[PDB]
Amino acid sequence: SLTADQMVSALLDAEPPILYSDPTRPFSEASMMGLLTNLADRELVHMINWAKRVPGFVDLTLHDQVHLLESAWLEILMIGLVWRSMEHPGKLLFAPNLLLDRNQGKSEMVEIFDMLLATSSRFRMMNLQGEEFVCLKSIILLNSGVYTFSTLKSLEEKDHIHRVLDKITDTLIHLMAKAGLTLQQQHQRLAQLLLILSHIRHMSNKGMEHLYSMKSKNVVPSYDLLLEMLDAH
Amino acid sequence: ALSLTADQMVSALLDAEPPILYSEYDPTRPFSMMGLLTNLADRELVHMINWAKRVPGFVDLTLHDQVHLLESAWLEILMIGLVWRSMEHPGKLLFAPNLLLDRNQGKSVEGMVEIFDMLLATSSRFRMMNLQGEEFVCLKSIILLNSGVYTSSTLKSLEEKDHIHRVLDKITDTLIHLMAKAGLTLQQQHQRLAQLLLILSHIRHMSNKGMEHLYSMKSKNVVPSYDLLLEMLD
Ligand SMILES: CC/C(=C(\c1ccc(O)cc1)c1ccc(OCCN(C)C)cc1)c1ccccc1
Ligand SMILES: CC/C(=C(\c1ccc(O)cc1)c1ccc(OCCN(C)C)cc1)c1ccccc1
């Protein structure tokens, strides 16, 4: 129902803050997973607030909202990381007080590290804009779990998600058209942006693989935990 | 290769299409699932290599970069093919014309039922979208070129990446042309382009789940090595 410009402003308004990591005591590479886990768990609370502010998301059932977040949360964390690392070549800006390069990633993730750095590089080359970024993040939330939900309710939920996804596509095209791009450039850029999302899913899968391999009780946010965070009064 | 028309690009991809293979099993014999699928895939991979070489722009790359792209994309390519020929068979996966299974038949293998349902959902989405053959071959070409392009600073590799992105742009223009030829409005054009490309994210996910299982098997030959792929390409 909203216009493209109304859509962008809504997404920009809903943006989560950049959080910080740790005492200015000596640094050690052993505590790296500790720092990143603490940060992530903290961001995830804010991500829930952001999601409820993505247009169309709260129109879904509580169950489907959880399913979408369950599928997308690490992808969302990762595109956020890649975004704030964009203007810091060769480094990943996990937090403003936690900026690491390749060699420091070797602490058992250097594979994922290199993949994130390459995505940052790609964003840099494409001159990715903030307005485009918030659209892509919204798309990840809506798309990542939409294929893994019969009932009439489900069919209506799926149709709604696809209609919102169509709206974000229109918004992306409008941003490019505002920027002065030709129709050919618009289509080509849209495609370039969406193809990156495949790589972000890949990195998320690799990351989730490690998280499950840790064999710890809450390393992956449970359905029940996500439900409680979403199901607010 | 970067000078073809949209129609020339399409006819090139359609002519390059690999054949549908059959499962190897005695049909007179009683009703091994992983054994059947592994044999099918291995035979399919040989034809996939011939196909890759006829994708415009691919052979312009170094043999090293060709192997890397195929390394990243081969199971994705097998899966989108599986989804495509399963499209007109709701609730079933058509692994081969003599091997059509439903939901409960994937339970024979650990974790397969998860993948099974994800594949069925993709075929359903394809059917809903009324995906066209010409669109399909474009999507499969995109998978080949895009999946490995993010995994360099050497002048040559900068040239290689540049080339891959120019080819991907050409396929994008081709997709748009197909849709414009079918009378879609500009809005419906870019909306459909987005819908199709977003499905490729789910296909990556399914490949990753599948790769996790193949690796979980402690077999030396199950995952095709760089050398094996280089032998086949070169
Ligand atoms: C790439 C960094 C990422 C972490 C991360 C990414 C982005 C960001 O903004 C913050 C952190 C990461 C690490 C741990 C983690 O699991 C903790 C989750 N809770 C839910 C138990 C999540 C992300 C990571 C994921 C898997 C393995 C190693 C590292
Ligand atoms: C989803 C079916 C797929 C098989 C398949 C995919 C596409 C196709 O057209 C036909 C069958 C499959 C299974 C194993 C496999 O690896 C074999 C090892 N070779 C590659 C050395 C490839 C495909 C599969 C992948 C992982 C585990 C179980 C099944």
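The chains are labelled alphabetically, A first, in the order the sequence lines are listed. By the PDB entry numbering, chain A shows 309-329, 332-417, 419, 421-461, 464-547, in order. Chain B residue numbers are taken from the PDB entry; in order, the displayed residues are 307-337, 341-460, 463-545. Note that ligands are numbered from 1 as they come in the structure, with each ligand's atoms numbered from 1 the same way. The figures that follow rest on heavy atoms only: side chains count, while hydrogens, waters and symmetry mates do not.
Most-contacted chain for ligand 1 in this structure, per UniProt: Estrogen receptor. Looking at ligand 1, the drug there is 4-hydroxytamoxifen. Within the structure, the other chains placing a heavy atom under 4.0 Å from 4-hydroxytamoxifen (ligand 1) are, by letter, A. Around 4-hydroxytamoxifen (ligand 1), within 4.0 Å by heavy-atom distance, are found A:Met343, A:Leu346, A:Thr347, A:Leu349, A:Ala350, A:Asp351, A:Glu353, A:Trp383, A:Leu384, A:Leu387, A:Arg394, A:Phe404, A:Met421, A:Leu428, A:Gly521, A:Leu525, A:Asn532, A:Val533, A:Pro535.
Not one N or O of A:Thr347 is nearer than 3.5 Å to an N or O of 4-hydroxytamoxifen (ligand 1), by distance alone. Geometrically, 4-hydroxytamoxifen (ligand 1) and A:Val533 share a nitrogen or oxygen pair separated by less than 3.5 Å. The ligand atoms of 4-hydroxytamoxifen (ligand 1) that sit less than 4.0 angstrom from a heavy atom of A:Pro535 are 20 (C). Per UniProt, the 17beta-estradiol-binding residues of chain A include some within 4.0 Å of 4-hydroxytamoxifen (ligand 1) by heavy atom, namely A:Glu353, A:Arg394. Within 4-hydroxytamoxifen (ligand 1), the atoms closer than 4.0 Å to a non-hydrogen atom of A:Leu387 are 7 (C), 9 (O), numbered from 1 in the order shown. For 4-hydroxytamoxifen (ligand 1), the atoms lying closer than 4.0 Å to a non-hydrogen atom of A:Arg394 are 9 (O).
Which parts of 4-hydroxytamoxifen (ligand 1) touch A:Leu428 is read off a 4.0 Å heavy-atom cut-off, strictly below it: atoms 1 (C).
Most of what chain A uses to contact 4-hydroxytamoxifen (ligand 1) comes from UniProt domain NR LBD.
Among the atoms of A:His524, none of the N or O lies under 3.5 angstrom from an N or O of 4-hydroxytamoxifen (ligand 1).
When each atom of 4-hydroxytamoxifen (ligand 1) is checked for a heavy atom of A:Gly521 under 4.0 Å away, the hits are 26 (C). In terms of N/O distances under 3.5 Å, 4-hydroxytamoxifen (ligand 1) is approached by A:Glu353.
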